[PDB]
2 protein chains.
Amino acid sequence: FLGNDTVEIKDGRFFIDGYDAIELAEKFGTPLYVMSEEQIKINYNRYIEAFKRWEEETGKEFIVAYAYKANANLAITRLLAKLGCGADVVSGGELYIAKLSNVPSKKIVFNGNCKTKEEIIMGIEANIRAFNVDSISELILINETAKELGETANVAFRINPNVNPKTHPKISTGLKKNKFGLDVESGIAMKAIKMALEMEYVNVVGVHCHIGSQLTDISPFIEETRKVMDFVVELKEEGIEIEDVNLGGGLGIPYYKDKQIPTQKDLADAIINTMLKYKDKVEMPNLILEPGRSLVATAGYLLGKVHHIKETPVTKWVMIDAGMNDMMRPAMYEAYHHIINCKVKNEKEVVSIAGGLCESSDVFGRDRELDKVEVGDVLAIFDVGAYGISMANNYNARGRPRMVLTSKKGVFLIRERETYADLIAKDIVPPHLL
Amino acid sequence: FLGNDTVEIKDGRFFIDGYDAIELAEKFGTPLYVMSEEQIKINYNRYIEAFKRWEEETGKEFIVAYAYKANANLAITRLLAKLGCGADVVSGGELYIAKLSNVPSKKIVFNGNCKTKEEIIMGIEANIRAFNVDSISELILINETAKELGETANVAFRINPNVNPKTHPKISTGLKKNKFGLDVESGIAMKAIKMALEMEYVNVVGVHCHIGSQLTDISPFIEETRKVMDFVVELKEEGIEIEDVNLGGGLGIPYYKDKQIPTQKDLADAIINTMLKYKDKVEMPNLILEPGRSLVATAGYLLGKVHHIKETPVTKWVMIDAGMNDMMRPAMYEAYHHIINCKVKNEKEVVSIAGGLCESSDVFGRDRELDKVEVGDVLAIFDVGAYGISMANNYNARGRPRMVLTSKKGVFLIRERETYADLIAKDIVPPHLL
Ligand SMILES: O=C(O)CCCCCCCC(=O)O
Ligand SMILES: O=C(O)CCCCCCCC(=O)O
């Protein structure tokens with residue numbers, strides 16, 4: 001319900017963008033991923049409507065670089081591209097898909113702690129907005145590679161702000177124990193940027209920072225912004241101007257439908273206001289965010305038919321043709337996902353929903369109360385648009401699921417399922433094993 | 001070093017089956033999975049040898065049903081198939097692979113808590129040794145399906161013995177709160193078997209049981225065998241004879257070279273000795289085991305070239321082209337894997353190894369002591385032959401890696417890598433989005 005603005009219940013049946021979920025499952029088979037085109041438009045517009053304030057009080061641009069790793073299906077990236085959205089790519093493959101999705105290079109940022117010469121060349125030739133440099137080793141490579149191409153590479157800098165360990169314990173730890181960014185306090189971030197300014201084939205264009213994911217509190221974001229901006233003034237004091245300020249992504253999603261969490265609006269006010277408090281010290285730069293889950297998560301639903309009902313002395317198990325290989329979130333993090341029966345019964349019942357993989361962790365939900373589950377029913381799991389198909393695999397020799405896009409134009413198969421032949425399409429038997 | 005019987009360090013260089021690891025990396029590229037054919041033969045032979053005692057003392061067969069879910073690369077199954085190994089499949093795709101690998105049907109067992117009608121038809125048509133029935137609901141389906149097909153389905157029953165909570169807490173809680181098997185204590189197992197004996201299209205072949213994975217203690221296997229055999233005795237007093245007894249897999253492998261673990265010999269002595277104690281109450285049946293990890297794990301090595309060396313104020317990172325999407329174990333279970341520099345340097349240093357994915361969990365190991373790491377070196381992470389490629393994915397839009405098999409005949413490519421074209425090979429853009 002909360003966050004799922006395009007779904008409803010017409011006459012005891014679940015609907016996605018007006019389409020009958022049970023019928024979709026019957027038409028395209030199961031397991032089936034269902035992405036809502038409208039929901040994506042809604043999630044994107046909210047980010048635009050809530051940040052339009054930035055191109056009024058600063059006269060600068062606000063760019064939304066969608067984090068491809070959340071879902072890089074061609075049809076989806078294509079759709080986001082058409083909406084004028086940007087792209088946050090983190091590998092040669094995402095850059096490849098981004099460019100194929102017709103996403104303007106001026107709206108493309110490249111992240112990653114291990115960028116290969118191959119990926120760098122791709123970024124330079126494509127003339128992406130910026131290379132969110134992660135280390136000095138990366139800068140030296142980019143610069144040396146641009147020299148080779150005879151071109152100039154745009155470089156931002158992923159920094160780890162001097163966050164206060166007391167106020168935000170986790171944010172501080174995450175920025176200091178991980179592999180990303182250039183530490184500010186130690187003077188490495190400064191060392192890097194200054195090192196770049198003296199190179200002839202790189203063009204410093206900004207700074208970047210990403211503090212986490214699924215954060216349902218503006219506090220960390222306010223703190224991040226402040227510490228990042230504090231570094232910008234420190235740069236100005238050295239005679240270094242920043243064109244762009246990328247604060248990454250990580251805004252939580254309404255997985256739990258009982259409690260209300262911060263919206264794009266709340267996040268906008270927090271950042272915008274914090275930013276403005278520096279309207280004097282430094283020129284207000286372009287603002288960039290790299291939302292992933294907060295753009296596609298609530299648009300995806302996974303449908304799975306129940307093939308068996310197993311009753312045990314302590315639990316009532318509902319077995320569905322959907323498994324952890326199709327959607328890894330539950331089994332990997334024990335994370336919560338709302339689950340319901342696409343058919344409304346005049347009776348409730350507490351059960352556990354599991355997949356068919358021979359892995360104990362292959363469970364979608366426990367002790368969930370749903371309308372009487374019956375063999376043949378189609379259950380639906382919410383919020384699988386982000387980190388669902390993008391992390392899907394063939395564990396237990398199972399092909400990845402089909403994907404359909406529901407739009408006002410109709411329902412379209414945006415991803416075909418894999419057959420048994422696909423499972424072995426990359427395998428080769430040596431001669432002595434034939 | 002422990003368990004890795006086909007690798008060595010010759011001239012300050014790491015070798016797999018006599019093949020220069022660095023050269024393999026140069027030739028086939030990185031990231032690269034390297035499977036040792038001889039190691040797999042050794043692991044398999046260790047089981048056959050340790051259990052040869054069974055047929056010599058009962059005249060019955062001892063069958064090894066390799067668990068495909070640990071690794072079902074066509075070449076690997078093809079290899080085990082030629083060794084006379086059996087197959088423990090849990091999906092239509094695994095049965096499909098098993099049958100294409102020329103594994104005899106009388107050496108194939110099918111496990112799974114959610115076997116679909118489609119898969120059951122496949123198992124029946126193939127006349128597999130047995131369906132390891134996971135629930136009464138599955139039993140009815142199998143029988144009904146065999147009926148419509150006008151054939152008989154061989155079935156065994158996966159039971160969950162009433163393991164003592166105090167003794168082995170983890171093992172106990174699993175056989176009670178998980179979705180697998182038929183509860184013994186509550187009488188469900190007995191009920192299912194008695195029920196099967198009435199059906200006209202099923203053939204009761206035996207009992208099955210699987211207690212866990214990566215078990216480095218012989219104690220749990222003894223308890224399993226005893227409680228399984230006690231149940232068999234109960235069936236005997238009910239006039240029900242048991243042809244096969246499948247005790248599943250679970251034997252752990254030496255990820256840690258520091259600790260000594262049980263061998264196949266310790267397992268056989270534990271199982272066979274316990275089994276023979278029932279020779280006076282019941283006729284000794286065929287013995288089946290479903291080794292997965294203990295057959296291929298130590299045969300796999302993942303090679304990753306270092307592209308950058310990042311030095312933070314606290315940790316010295318080494319970024320390689322091998323990522324968690326290639327081998328999900330570290331990032332997913334925070335499990336330990338031995339890692340070394342294929343090149344022996346005259347001095348060592350402590351470093352942390354990370355992949356290129358933008359996910360903080362994408363770290364292979366922290367604070368490891370390796371020979372001086374230098375850009376361009378090739379690192380090797382041990383014991384990735386099981387639950388490695390089988391769990392690989394394309395997270396961050398990265399295709400799964402290449403795999404080579406090293407044998408006495410030479411080194412051959414057994415899995416081709418995925419290109420950027422492969423990543424979208426299943427994606428389809430709808431008309432309004434072209
Ligand atoms: O801050 C980072 O880079 C690491 C976390 C990223 C989110 C990935 C998966 C999420 C899920 O299943 O909820
Ligand atoms: O009990 C089961 O059905 C399955 C266990 C598989 C875990 C895989 C790899 C990680 C590890 O080594 O613990």
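Sequence lines set the chain letters: A, B, ... in the order given, protein chains first and strands last, and positions in each chain run from 1. Read the numbers this way: they start at 1 and go in the same order the structure lists the ligands and their atoms. Computed from heavy atoms alone, side chains included, the values below leave out hydrogens, waters and symmetry copies.
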Write down the drug at ligand 1.
-> azelaic acid
Bound partner of azelaic acid (ligand 1), most contacts, as in UniProt | Diaminopimelate decarboxylase
What are the letters of the other chains having a heavy atom under 4.0 Å from azelaic acid (ligand 1)?
-> A, B
Extract every residue of other chains having a heavy atom under 4.0 Å from azelaic acid (ligand 1).
-> A:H210, A:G212, A:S213, A:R293, A:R329, A:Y333, A:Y387, B:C358, B:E359, B:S360, B:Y395
Which residue holds the protein heavy atom closest to atom 5 (C) of azelaic acid (ligand 1), what is that atom called, and what is the gap in Å?
-> B:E359 OE2, 3.0 Å
So is there a nitrogen or oxygen of A:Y333 less than 3.5 Å from a nitrogen or oxygen in azelaic acid (ligand 1)?
-> no
Counting each atom of azelaic acid (ligand 1) from 1 as listed, which ones have a heavy atom of B:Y395 under 4.0 Å away?
-> 8 (C)
Among all protein heavy atoms, pick out the one at the shortest distance from atom 11 (C) of azelaic acid (ligand 1); state its residue, atom name and that distance to 0.1 Å.
-> A:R329 NE, 3.3 Å
Residues binding pyridoxal 5'-phosphate per UniProt in chain A, non-hydrogen atom under 4.0 Å from azelaic acid (ligand 1) | A:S213, A:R293, A:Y387
Heavy-atom contacts under 4.0 Å between azelaic acid (ligand 1) and UniProt substrate-binding residues of chain A = A:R293, A:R329, A:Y333, A:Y387
Numbered atoms and elements of azelaic acid (ligand 1) in range of A:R293, under 4.0 angstrom, heavy atoms | 7 (C), 10 (C), 11 (C), 13 (O)
Could you list which atoms of azelaic acid (ligand 1) come closer than 4.0 Å to a heavy atom of A:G212?
-> 1 (O)
